[PDB]
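Pictured: Protease, co-complexed with darunavir.
Read the sequence lines top to bottom; their chains are A, B, and onward. Following the PDB entry, chain A shows residues 101-199, kept in their order. All residue numbers given for chain B refer to the PDB entry; the residues shown span 1-99 in order. Start at 1 and go down the list; that is how both ligands and their atoms are numbered. Computed from heavy atoms alone, side chains included, the values below leave out hydrogens, waters and symmetry copies.
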2 protein chains.
Amino acid sequence: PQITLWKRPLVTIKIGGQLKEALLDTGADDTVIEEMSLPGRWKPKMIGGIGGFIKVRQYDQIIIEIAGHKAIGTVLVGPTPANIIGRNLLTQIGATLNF
Amino acid sequence: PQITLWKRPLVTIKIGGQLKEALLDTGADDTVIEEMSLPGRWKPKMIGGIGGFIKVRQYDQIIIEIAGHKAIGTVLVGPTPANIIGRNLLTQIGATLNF
Ligand SMILES: CC(C)CN(C[C@@H](O)[C@H](Cc1ccccc1)NC(=O)O[C@H]1CO[C@H]2OCC[C@H]21)S(=O)(=O)c1ccc(N)cc1
Ligand SMILES: [Cl-]
């Protein structure tokens, strides 16, 4: 779809078989999801944002559906203020910014 | 223009008579600019993201040119690690996310 920006660009995702709400976030390099149980191996990592750094679990090669579009890639799981879909997955679904 | 998301969606902006590079950020409600000495009145604000909150100065009705497109609106200034063009100004330049 074409998504205008008067409202937050919130979509439904499916991850680990579970539906969640997430924000399409062109300012995020990486995808960061709130704490949840997720099948797969993970590695400890840190990620920084506007306010500093947090600890996350890095899950590689996770299947995620984003507004009906399939991606398979890295998801960081940790205490984020919001579920954010970053460029690592937005590129997989063919998203571009246009003006 | 169309901006793909393989790389950070950085554009040149003009604000307070200075040129800067900034992210076109669909995940940001508001525009946040790295510390700079803007004239005029402001109001304190706190904004939160990954890692917690930062203190910023909220300036209203600030003129800002974004990739050659004029805009005017609220700009938050403070110790952000990135210049962030948020939805309050993305809408003014007619930006959409498309997939
Ligand atoms: C977390 C979002 C809901 C909100 N953020 C916008 C977001 O696009 C930031 C924007 C951003 C960009 C660079 C540095 C800090 C913040 N990106 C971000 O945190 O991405 C993280 C995940 O991937 C990594 O790549 C960038 C940092 C990491 S935010 O910068 O915290 C922010 C929060 C509150 C307001 N009012 C305005 C902006
Ligand atoms: Cl505004």
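Every copy of darunavir considered, the relevant parts of the structure are ligand 1. The chains other than those of the drug that have a heavy atom under 4.0 Å from darunavir are A, B. With a non-hydrogen cut-off of 4.0 Å, the residues around darunavir amount to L123(A), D125(A), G127(A), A128(A), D129(A), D130(A), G148(A), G149(A), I150(A), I184(A), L23(B), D25(B), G27(B), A28(B), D30(B), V32(B), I47(B), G48(B), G49(B), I50(B), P81(B), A82(B), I84(B). Of the protein's non-hydrogen atoms, the one nearest atom 38 (C) of darunavir is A28(B) CB, 3.8 Å. Atoms of darunavir found under 4.0 Å from any heavy atom of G49(B) (numbered from 1 in listed order, with element): 31 (O). Within darunavir, counting atoms from 1 as listed, the ones closer than 4.0 Å to a heavy atom of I150(A) are 15 (C), 16 (C), 30 (O), 31 (O). Counting protein heavy atoms only, atom 13 (C) of darunavir is closest to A82(B) CB, 3.8 Å. The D125(A) neighbourhood of darunavir comprises atoms 2 (C), 7 (C), 8 (O), with distances under 4.0 Å to a heavy atom of that residue.
Residue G48(B) approaches darunavir through these ligand atoms, each under 4.0 Å from one of its heavy atoms: 31 (O), 33 (C), 34 (C). In terms of polar-atom proximity, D29(B) is not counted as a contact of darunavir, lacking any N or O under 3.5 Å from an N or O of the ligand. Heavy-atom proximity to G27(B), at under 4.0 Å, picks out these atoms of darunavir: 2 (C), 3 (C), 4 (C), 6 (C).
If you check which protein heavy atom lies closest to atom 36 (N) of darunavir, you get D30(B) OD2, 2.8 Å. Applying the 4.0 Å criterion to heavy atoms of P81(B) picks out, from darunavir, the atoms 14 (C), 15 (C).
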